Structures are given as structure tokens and as C-alpha cells.
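Entry featuring flufenamic acid.
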Number of protein chains: 2
Amino acid sequence: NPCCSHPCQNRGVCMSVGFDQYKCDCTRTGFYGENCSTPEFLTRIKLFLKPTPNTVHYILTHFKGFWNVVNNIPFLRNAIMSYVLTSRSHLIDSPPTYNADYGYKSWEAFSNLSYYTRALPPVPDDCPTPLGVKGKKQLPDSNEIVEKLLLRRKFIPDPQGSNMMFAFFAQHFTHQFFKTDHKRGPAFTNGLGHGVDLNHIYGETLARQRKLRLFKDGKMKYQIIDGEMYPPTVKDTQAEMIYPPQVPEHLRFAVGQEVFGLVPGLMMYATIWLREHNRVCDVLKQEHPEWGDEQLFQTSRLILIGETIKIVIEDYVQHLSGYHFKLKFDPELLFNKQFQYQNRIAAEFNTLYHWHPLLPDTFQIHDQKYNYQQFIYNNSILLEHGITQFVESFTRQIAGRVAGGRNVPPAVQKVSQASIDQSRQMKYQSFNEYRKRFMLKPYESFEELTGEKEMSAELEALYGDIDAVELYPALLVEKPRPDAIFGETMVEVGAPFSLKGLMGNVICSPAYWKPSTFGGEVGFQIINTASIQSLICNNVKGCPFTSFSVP
Amino acid sequence: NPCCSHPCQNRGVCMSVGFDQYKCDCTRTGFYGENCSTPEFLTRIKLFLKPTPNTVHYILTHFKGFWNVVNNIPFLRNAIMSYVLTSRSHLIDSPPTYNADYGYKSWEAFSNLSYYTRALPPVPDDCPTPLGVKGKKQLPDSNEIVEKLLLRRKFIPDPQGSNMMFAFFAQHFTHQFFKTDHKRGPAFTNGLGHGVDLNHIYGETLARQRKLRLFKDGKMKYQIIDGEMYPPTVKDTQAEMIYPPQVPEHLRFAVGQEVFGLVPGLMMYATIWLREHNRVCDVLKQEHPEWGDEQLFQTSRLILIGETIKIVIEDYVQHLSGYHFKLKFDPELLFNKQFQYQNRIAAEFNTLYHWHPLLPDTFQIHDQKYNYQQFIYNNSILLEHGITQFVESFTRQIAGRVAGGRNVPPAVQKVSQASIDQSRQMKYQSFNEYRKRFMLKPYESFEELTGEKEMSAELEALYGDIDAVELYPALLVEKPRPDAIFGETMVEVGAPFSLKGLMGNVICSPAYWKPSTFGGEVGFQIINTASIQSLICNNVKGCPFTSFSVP
Ligand code: COH
Ligand code: COH
Ligand SMILES: *[C@@H]1O[C@H](CO)[C@@H](O[C@@H]2O[C@H](CO)[C@@H](O[C@H]3O[C@H](CO)[C@@H](O)[C@H](O)[C@@H]3O)[C@H](O)[C@H]2NC(C)=O)[C@H](O)[C@H]1NC(C)=O
Ligand SMILES: *[C@@H]1O[C@H](CO)[C@@H](O[C@@H]2O[C@H](CO)[C@@H](O[C@H]3O[C@H](CO)[C@@H](O)[C@H](O)[C@@H]3O)[C@H](O)[C@H]2NC(C)=O)[C@H](O)[C@H]1NC(C)=O
Ligand SMILES: CCCCCCCCO[C@@H]1O[C@H](CO)[C@@H](O)[C@H](O)[C@H]1O
Ligand SMILES: O=C(O)c1ccccc1Nc1cccc(C(F)(F)F)c1
Ligand SMILES: O=C(O)c1ccccc1Nc1cccc(C(F)(F)F)c1
Ligand SMILES: *[C@@H]1O[C@H](CO)[C@@H](O)[C@H](O)[C@H]1NC(C)=O
Ligand SMILES: *[C@@H]1O[C@H](CO)[C@@H](O)[C@H](O)[C@H]1NC(C)=O
Ligand SMILES: [N+]
Ligand SMILES: [N+]
Ligand SMILES: [N+]
Ligand SMILES: [N+]
Ligand SMILES: [N+]
Ligand SMILES: [N+]
Ligand SMILES: [N+]
Ligand SMILES: [N+]
Ligand SMILES: [N+]
């Protein structure tokens, strides 16, 4: 297959014509030629005026006093934020295109919501190498990659100061749209909403939602333990959860996402958001004593979806970017712009979000330590310390650096290896192919990638060719930005997927983004004043200080 | 419920505030005030300058010499067509909002694809009258309405000259997205693609697609009967169909849509489109001898989707409109515009498309006459005459006038009664409400509605209040445009639903609309040169002349 070499550049569509020839479709690429390499006149101007992402990152992470003024000039802040959204979103195809089984556009790939979609098509089946033509006939042994390049020696904390509040928020929030159906294989998802629908609170199906709801005052079922609200039990809801048999029946908490029993950190956030739901129910009953249970529940869900997107943009991504520029959640920014209010979760977005180097060596709650053997599937820890102590503790505990390499804990070693194996099953193109897909310069050497001698040598010994390095491994060994948590590629690939899932939500569309959608101005204001601190303050006893960075 | 009277004007959203008050949300309506009835300044200017629909319709249906010139000035014709697409599409909320069970915006209404969506929300179930506050406490007997106002006495031919090729194309085409799940109720659909996916050829599910395919050269199963290609049978495919016990096995043809055995006119188009898929397979194999069966099938389906949109816009809606301006299917018209490439089928779109008055009292094939008892579920008629004969006969046979009243054949009398009854189950608002929803002045009298005295008196005796007249009856008795098949409301309410389903298709999006999507220029050109005449010429023996109107 002539397209195995990935000849077409700049988003050109490679199509085989005959057995030994190929064609490139350069339509609206801004280029022409056999391989869509020759820039058009306009493209040539743009390409010359366009700054490198590293430049843009320098500018955004510097000149603090300037940004603090820009942030307070609504016309400027809005104009900038609006550009961030439109420009990054242009990198995602929407409606979506390829999936694991289709390197060409097809109706099966478009319409079948059980697939993750794909930003780059799969390497065709009959190719010289796994990645196409580059690399050896067989990719290196995955466990060797982990040990040599990813496995943690000594803990490397995050220079940006990310804490466990941040790490578990990342895990909790993304696991509503990262829900791969492993009975089927890594190419499939159970999250058919394909974004921020809060199914990890309310359940994926109406059947599960009905088991978790109280059907009084719009509320969700709960227990009162030690004078505080917790999730209901599997016994009381009949909502299936994943628990090893060791777990006693009373500690089997039931929440929207089957798997959130895995760690108390997840169940901490499930509890916090559950409280928030029932709190907003109380607020809306005041505003609407005439409302029934159903409308109270639905309107609370829509408000909580708003809070989530609000908090994710203005607190979580804000922290994660390190920008002095204050990011904004404002759907009105896009009303005069071209933008598709839909989304489809990309498998590559799932792959890049395996931030297990975030995880510490031990989990430190109050004046105690817990190893993974003790921490996993142990909600006894959650009831013992309470949410307040959990927030106090997780706020102060530093997370690990994700880029730079050699920082995956041994406990989740096999998870990192699984990430590589599964991407091979799905036939991911190479790391450098994905760089080009998101308009980055491909690395010319293992050293340029790592900015370093050891790993770059280990890498060359494993792969040989720089164009043979796989997507997942390279992301974790890539040279981090100065004192940053991520390298260049993580940010430039990840941000477009993220923003599209966030602003592509139906509530951001003009038909929805009205106060009447959320019960009036009071409900609407809950969205637009939401923060990670306020989430904790309204729902955690004592209103402890919190933040996604260590004090 | 203070919203029962539908207080809020001009798209304002009504919301209860306490037990005895409401608030109108006027956001982006272009109005303000308690009921959103006060125009803003720009609104005042737009209203003053905007010509009425009947004025626009007059202009488009006169001055042929002028339009012949306009038609041949591409810059101009493109601008007009582009304007037609965007202005009509604005009348549809996309992503969708209400459904039968939600008069307020909710995640259930947005996310559950099993529902028909709703242009106007349902009337609350605790209102003083079934339509809100206007009209009597009980609605007229639906059988009375049908008999007094809708039932046919003498056939009334369509003045626009629509033939049976048109009537069965209408039925064939729309029943791919009008597929209500009566197991659940009228509010639910089995067409989860919500638009033009050609499931009525290939099947809704992958399981059904697999039964119908040949898995050789990307083709669909078929039979050769008297020299020509026909669809396969239930027995050979195992794809279930609806047939009465009378029909012998070997005549139980199996096609995408389960109900297309109901009438030979549908089975004709199913045959023609089946031939077209396999014809396109032959074309593509020649272009791509290296392609396997899968890519040949998928690429063929994408091409035929395009052919469908092409034909519907430039032949079907063209004829339908009565315009001298020449409509154009060109996804490029929208690439610089704001437009959502998605669609959700409106229940009201389904209701208004109940065009059973199109139907004759008898069906004339060649020199034979068939009444309903012998025409229904009779596929031997199809084998008897063959497709060429069917086309020639149907191209000649005139269809009935849809608007103007009293033109529903007695045979499908109960279907027309089911349409009224189901509207009431789903709590449709009134005709006048839907007129305001689509920016039409509400009718002040029944006489104004029908343009006559007789029918308007039955109407008044049945309903009492002009604001109590229901959507579906009013659509069919409404005064038709001069020598037209429809009145003002059918056109102005239906056109936006239609255009959104057509241009909102994924293939019309910029990522898909390019030659490589369709296997190159040869395939891309089958779409862009497709017409109802070429469809027939390529797949019907003898290449008989055809058209959507009688010679
Ligand atoms: C910030 C990101 C983050 C965090 C903090 C986190 C925290 C933790 C954690 C304890 C706190 C444990 C014990 C694990 C362990 C696992 N993780 Co993560 N995970 C994270 C991101 C992910 C993502 C993303 C996936 C893929 C889930 C999917 O695709 O469904 C994942 C998958 C897994 C799997 C599935 C294995 C497989 O074969 O795919 C295991 C096991 N893990 N992880
Ligand atoms: C638009 C043109 C058109 C035509 C020409 C047409 C021609 C014919 C025809 C013979 C030629 C027959 C025997 C029927 C008979 C029926 N039609 Co139509 N139908 C048409 C548009 C529709 C639509 C739209 C529906 C609703 C489909 C659905 O799934 O609800 C429909 C529904 C029906 C139903 C189901 C009614 C119910 O239970 O709700 C029957 C029976 N019929 N129709
Ligand atoms: C889209 O909306 C549909 C209508 O609400 C919904 O279908 C409904 O689903 C429920 C349960 O899923 C069915 O009722 C069930 O009720 C008892 C609970 O006590 C169960 O034990 C029963 O087994 C029964 O299944 C409703 O009958 C059903 N209604 C209809 C009209 O089909 C769909 O589930 C919604 N779709 C999604 C994806 O959520
Ligand atoms: C979305 O794509 C999925 C993957 O192709 C698809 O799932 C597949 O569905 C087929 C048929 O529905 C299954 O094949 C069946 O084949 C025989 C019956 O002849 C049985 O023995 C099998 O057990 C099975 O029922 C595939 O196994 C299945 N593949 C996977 C990975 O689940 C979905 O159906 C597609 N979604 C839609 C809405 O069409
Ligand atoms: C739980 C996260 C929700 C975000 C809301 C943050 C504010 C929480 O506090 C709220 O502040 C409002 C003013 O904005 C007041 O009107 C409310 O009375 C008060 O409850
Ligand atoms: O938001 C995520 O989930 C994200 C994930 C991975 C990588 C980058 C991510 N967001 C991000 C990172 C830097 C800058 C911006 C932007 F400012 F564009 F929003 C967004
Ligand atoms: O296209 C349909 O199926 C249609 C249905 C009902 C009513 C009008 C319809 N179309 C339509 C009727 C008149 C003019 C135009 C338009 F010109 F806008 F395209 C479209
Ligand atoms: C779970 O946590 C409790 C403390 O809350 C501890 O006593 C117990 O040993 C833990 N379980 C395991 C398996 O370590
Ligand atoms: C079906 O059509 C054929 C004509 O080919 C006719 O002989 C037969 O009587 C018809 N069936 C019925 C039930 O009328
Ligand atoms: N592409
Ligand atoms: N150029
Ligand atoms: N469940
Ligand atoms: N451990
Ligand atoms: N550093
Ligand atoms: N609305
Ligand atoms: N089937
Ligand atoms: N009949
Ligand atoms: N007329």
C-alpha cells in the first residue's frame, strides 16, 4: 500500500489508485503539489508571521504585570480567549472522521458512537513496518520501554506544584468520557455522550439514573454517616459497582461511574459532586416551590454541567497551563464565530491522558501514610478521615511530574505498558506523525526530543529511527517546558481535544445558554461564579482552603 | 400553570415563578418587555424592510426571463442559494431542545436519540384546555374532522402537476427518517441517524446491513428475474420484513426499510436505488482494483447519500417549490457561514409530511387499473410490468392536491385520523402557535384560513376559536398558494426542517466534502451530476424519460 509511507503532508488525504500508485487530496489544505508540500501564497504569509508554540508559551507564562492588566480589560481578555478557542478547535475535525477500523472516511466510522474517533487514521494493515515504513519490522518490547524510560527511580515532584486535588480531579473528571469497553477492545467506549454529560454522577443509562435518584425534590439518594452526606450503597440502589469481594456491603458506595470505587480520591469527588447536586436542588426549590421532582433534577444536572465546564476551564486548565492570562468560560465568545456544538472522544486524547506519573509513592492523609495495597478499594479510609481531612491532605501533597521520563510508580507499571500495547493494537502512527498533525516541527533526533543523553540513547537503542518512536512513550520522556509539568507535544495535542469537548457541549450553544435554561438568574449565577474553592466551600464541612497547587 | 397561555412572544422562553407567576426570557429574541413583545431598534428596521412570505413566493414564481438571467450568473445564484440555506436554517434550534416529555430544556431531551425532537414544547398536562387556554375543554371528534374537512369526494389534481414518481419518491425518501416506534408510542423513532443516512436501503443496524450485503465487491444481495436486478428475499437474507400471510415467500423482498413491501411504488425505488449501489460498485472497482469489499461498500454508500441530497434539492424540492430560481446543492455555499452539521428529526416535520392527499383513487400501471386492495402488498405487479413500465406509467399519472381540503382518499382515512390523535397524545400546540413560531402572522378567522365559507364553517362549529384549530387539520384545509400544491404554513414550516436535514448531513461538512471521500474525482462527480432522470437512465431498462411532473 503506497500510503503506508504517509506521503501526503499538511492534512492531505492519501488515497491508493491502482496497486502501486497513490494520490493526495490537497483540498483546502493551503498547499498543493503531489504531496501537498508547496504552500500557496496566503499560506506562505501566515506561516511566516506565525510564532512557534514555545514562543507563545514564553509570552503567556511571562510578563505577569501585563497580563494582570489585560485580564481586567474585558474587551481584550474576551478577544484573546475567543482566539484561543477558535484557533485550537480548528485542529479537530467535527463532525468526526476516522476510527480504529477505518483509515478512510465511511458512514460506519461517522455514525457508530461505540468507537473512539481518531485524529490520525490507523496505519493500514499491509505495511512494511507497524508504523508504516519507518522503524524495524517489530516494535521494541513494551515492558523494556517501561523499565528503561518510564519506570520511576526516585520521585520527581511537579515543578508547577500540582497536588493530589489536581491529580484526582483529573482522573475523576476525564473518566466520564474515558470509559473504554474492554470486553470489546481498546477501540471502543461506553461513554456514548462523548463529552461532559456527568454520566459519572448520574449514570450512563436512564436505568442506572433511576436507581441512584431519590425521586423526591429532584435529589439523588445518599446516606448520612457521622452527620455528613455520602453516596448510597449498592444494596440500597441496586446500582452495580466494581468491588473486590473483600469489600463489606456497607462500604460499597454506589455512584454514577461503576469504577469509582477504585480509589478513595475518586470517591471523594463523587461525594463532593453528589452534595453539590442536592444543594442546587435546595436552591431551586426555593426559587421554584411549584416545580416537581423531575424538573428539579434535570435543571440541577444542567447547572452542575455548567459548574464543571466553568471549573475545568478557569481553575483546572488554568493551573495546568501556567498562563498568567486568566482563561474564561464564556459561551458568548463563540456566538459570532464558526464552531460546531458537538464532540466525539478521540482515542489519542485517551492515550495522552494517562498521567500516572502524577501519582505519589504513598498517599498521605492527615498524619498517616498509605501504600497502594492499602489505599485502593478502601473507602474505610474515606469514612475514617472524612472529606475535610481529605481536602486538607490532598491540597498539601505534591503530585509527580508527567514529562521528563522515569516517574511512573511501579504499582501502576503494568498500566503504562498496557497503554503502549493497546495503542499498537489500534495501530497508532508515530509520535512525529502526530506532531505534524498538530502543526509542530518533527523531531530530527532522540536528543532534541529529550534534551538529554541517557534516555535518548536508550530510545535510539530501542527504536533506532526517530520516526519510529511511538506516541505514548515519547510524550512522557519529552523535554518539559521550563519548570513545566508537560512537554510541547502534550499541550499542543491535548488542548484542542479538551476545548472542543468543553465548548462543544450543548449548553454552550445559543439556544441553551440562557438563564431560563437553568431555572432563572440564581441558577445561572451558580454556573458563572463556580470555582474549585467554592465547590469545596459549599459542600465540605469547615470550608477548608483548597487549590490545584500546593500552598 | 401560568405558562399555559403561551404568554412569551417571539421565541421568548416561559418559566413559572412561584405558583401564580411567570418570567419571559427574552435573551437574543430581538425583543424585550414582560412578554418579549417590544422590538429593539434593529428588529424594528428588519421587520419594516422584510417582505412577506407570500410576496417572496410571488416573486420567485414570476419573472421567468429575469430568473433565467439570474440562474446563469453563478456569483449571484450562489449568493441567493446561500441566503436561502442560512435564513431558513436559523428557524431550527441545532443542537435540538424539547421533546414530547419535556417542555423545558433538559439533558434527557437533548441526549435521548429515541425521541423525535420538538420545535414547540408540549402543552403542560395541567392546563385549562388541551391546547393551553384557548378553545373548548375537549377537542373535536377526530373522525368528524376527517369526514367533514379532510375526506375526499372527488379527486382534486395537483395544479403544479406532481406525478406518482413524485408521490412515491416523497414516501420512499422521508421514511428513512420518519420511522416512529409504535411499540413505544408516537413520540419515539427508530431512525437514530436522524436524517439522510440511507438506512432504508442498507438497514438501520449493522446486523441488518450484514444480512443484506453480498460481501463481494462491496455489493448488496440481489436476484436476477426476467433479465433484471431485484432485491433479495427474507429467506435468503434473514432480514425481517413486514408482510401479510398472503404474500408467498419468494415474493417477500428484503430491503433496508422493513415496511417498504407495503406498496409496489416503494419497492420500485428500493429496486432502483439497489441497482444504483451495485452500479457504483462496478464504477469504483474500475477506479480502485486494489480496494477490498469493505471500502467499495462504504464508499458507494457515501456516494449514494450525496446523490440523494443532490436529487432532493435540485429536482424534488425544485419541483415542489414552484420557483423559477434554480436551487443548487453545493456544500461550499456554507463554508464561510455559521452552520451546524447535525440534525434531529422534529415530530412536527413528521406530522406535516402526511401527504396522503397526493394519492390517487386507483393506480394505473401500463394499461391496467389497480384499486388499493389489489395494489397493496402486491409485488407480483412489480414483476408483472417491471421497472421501466412502472416509471413510464407513474411519470404520466397525476397526484392529488395536498392543501385546499377534502382530498384524502377514503382508503387512508384512518391514517389521517391517527395523525390527529397522535398529535394530541404528544400535546401539540395550536396551528396559530406554530405559525408564530415560524414568523408568520396568526390567522384571525377561519375564513382567512381557508379562503372560503363552507369548510370554515365546519371548522368554526368544531373548534369555536381560530386559536384552537390544530396543526395537522389546518395544514390540509389552509388556502393553497395560487395554483400551488401547498398553502403558506406547510411551506414556511416544512422548508427549514428539510434544508437542515439535507445540508446538516456530515458529507456536506468541509472535512468530508472532497473527492478523496468518494474514491476520487469519478466518484465525486457521480454526486455532482446526479439527477432523478440520470438515476433512472442508469438503472432502468430503456432509459425512459422521467420527471416529478406530468408531461
Ligand atoms: C490524571 C490522570 C489519571 C490518574 C490520576 C489516574 C489514577 C490511577 C490510579 C490511582 C489513583 C490507579 C490505581 C490507576 C490505574 C489504572 N488506570 Co489510571 N489514572 C489517570 C488516567 C487514566 C486514564 C485516562 C485511563 C484510561 C481509562 C479509559 O480509557 O477508560 C486510565 C486507566 C487505568 C487503568 C486501566 C488499565 C488498562 O488496561 O487500561 C488502571 C488499572 N488511567 N490510575
Ligand atoms: C409523503 C408522502 C406519503 C405518501 C405518498 C404515502 C403513501 C401511503 C400509502 C400508499 C401509497 C399507504 C397505503 C399509506 C399508509 C400509511 N401511511 Co403514508 N404516505 C406518505 C407519508 C407518510 C408519512 C410521513 C407517515 C408517518 C410515518 C411514520 O413512521 O409515522 C405515513 C404513515 C402511514 C401509515 C401509518 C399510520 C400510523 O399508524 O400512524 C400508514 C398505514 N405516511 N401511505
Ligand atoms: C429514552 O427514553 C425512553 C423513554 O423514557 C427510555 O425508555 C424507558 O426505559 C425504562 C427503563 O430503562 C423502561 O421502564 C423499565 O421500568 C422498570 C423499573 O421499575 C424496569 O424494571 C423494567 O424492566 C422497564 O424496562 C421504560 O419502559 C422505557 N420506556 C419506553 C417508552 O420505552 C429509554 O431508556 C431512554 N434511552 C436511554 C438511552 O436512556
Ligand atoms: C458499531 O461497531 C461495532 C463493531 O463492529 C458493532 O458491534 C459488532 O456487531 C456485530 C453484529 O451486531 C457483532 O457480530 C455478531 O455476529 C454473530 C451473528 O452473526 C454473533 O455470533 C456475534 O456474537 C455477534 O453477535 C460483532 O461481534 C460486534 N463487534 C463488537 C466488537 O462488539 C456495533 O453493532 C456497531 N454499532 C451499531 C449501532 O451498529
Ligand atoms: C458549589 C460551587 C457553586 C458556585 C457558587 C459559589 C457561591 C456560593 O455561595 C453563594 O454565593 C452566591 C453569590 O454568587 C449567593 O447568592 C448565595 O446565597 C451563596 O449560596
Ligand atoms: O485541558 C486539558 O485536559 C489539557 C489536557 C492535555 C493537554 C493540555 C490541556 N489543556 C490546555 C493546556 C494549555 C493551554 C490550554 C488553553 F489555554 F488552550 F486552554 C489548554
Ligand atoms: O423539502 C421538503 O421536503 C419540504 C417539505 C415541506 C415543505 C417545504 C419543503 N421544502 C421547500 C419548499 C419550498 C421551498 C424550499 C426552499 F426553497 F427553501 F428550498 C423548500
Ligand atoms: C483499609 O483502611 C483501614 C483504615 O481505614 C485499614 O485499617 C485497613 O487495613 C485497610 N485495608 C487494607 C487492605 O490495607
Ligand atoms: C396482484 O397483482 C397481480 C397482477 O400482476 C394480480 O394478478 C393479482 O390478482 C393481485 N393480487 C390481488 C390480491 O389482487
Ligand atoms: N484528513
Ligand atoms: N497561490
Ligand atoms: N445498572
Ligand atoms: N505499593
Ligand atoms: N526543569
Ligand atoms: N425556545
Ligand atoms: N433484522
Ligand atoms: N380501495
Ligand atoms: N386554485
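By convention in this document, chain letters (A, B, ...) are assigned in the order of the sequence lines, proteins followed by strands, and residues within each chain are numbered from 1. Order of listing sets the numbers, starting from 1, for every ligand and every atom in it. The deposited model was determined using X-ray crystallography, 2.5 Å. All values below were derived from every heavy atom in this structure, side-chain atoms included, with hydrogens, water molecules and symmetry-related copies excluded.
- Taking every copy into account, the model assigns flufenamic acid to ligands 6 and 7.
- In this entry, more contacts with flufenamic acid (ligand 7) come from one chain than from any other, and UniProt calls that chain Prostaglandin G/H synthase 2.
- Other chains contributing a heavy atom less than 4.0 Å from an atom of flufenamic acid (ligand 7): B.
- An N or O contact shorter than 3.5 Å links B:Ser498 to flufenamic acid (ligand 7) by distance.
- Using a 4.0 Å heavy-atom cutoff, B:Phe497 is absent from the residues neighbouring flufenamic acid (ligand 7).
- When heavy-atom distances to flufenamic acid (ligand 7) are checked against a 4.0 Å cut-off, B:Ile313 has no atom that comes that close, whether in backbone or side chain.
- Of all the atoms in flufenamic acid (ligand 7), the ones that sit under 4.0 Å from a non-hydrogen atom of B:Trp355 are 5 (C), 6 (C).
- On a heavy-atom basis, rounded to 1 Å, the UniProt active-site residue of chain B that sits closest to flufenamic acid (ligand 7) is B:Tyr353, 2 Å.
- Below 4.0 Å from some heavy atom of B:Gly494 lie the following atoms of flufenamic acid (ligand 7), by number and element: 6 (C), 7 (C), 8 (C).
- Contacts with flufenamic acid (ligand 7) closer than 4.0 Å are made by no heavy atom of B:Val493, backbone or side chain.
- Of all atoms in flufenamic acid (ligand 7), listed by their number and element, those nearer than 4.0 Å to a heavy atom of B:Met490 are 7 (C).
- Using a 4.0 Å heavy-atom cut-off, no UniProt heme b-binding residue of chain B is near flufenamic acid (ligand 7).
- Close contacts of flufenamic acid (ligand 7) with B:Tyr353, meaning ligand atoms under 4.0 Å from a residue heavy atom, involve 2 (C), 3 (O), 5 (C).
- Under a 4.0 Å criterion applied to the non-hydrogen atoms of B:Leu499, flufenamic acid (ligand 7) contributes the atoms 18 (F), 19 (F).
- For chain B, a heavy atom less than 4.0 Å from flufenamic acid (ligand 7) occurs in the following UniProt substrate-binding residues: B:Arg88, B:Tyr323.
- The shell of residues lying under 4.0 angstrom from flufenamic acid (ligand 7), judged by heavy atoms, excludes B:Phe173.
- Residues contacting flufenamic acid (ligand 7) within 4.0 Å (heavy-atom distance) are B:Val84, B:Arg88, B:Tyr316, B:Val317, B:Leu320, B:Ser321, B:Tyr323, B:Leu352, B:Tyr353, B:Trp355, B:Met490, B:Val491, B:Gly494, B:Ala495, B:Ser498, B:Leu499.
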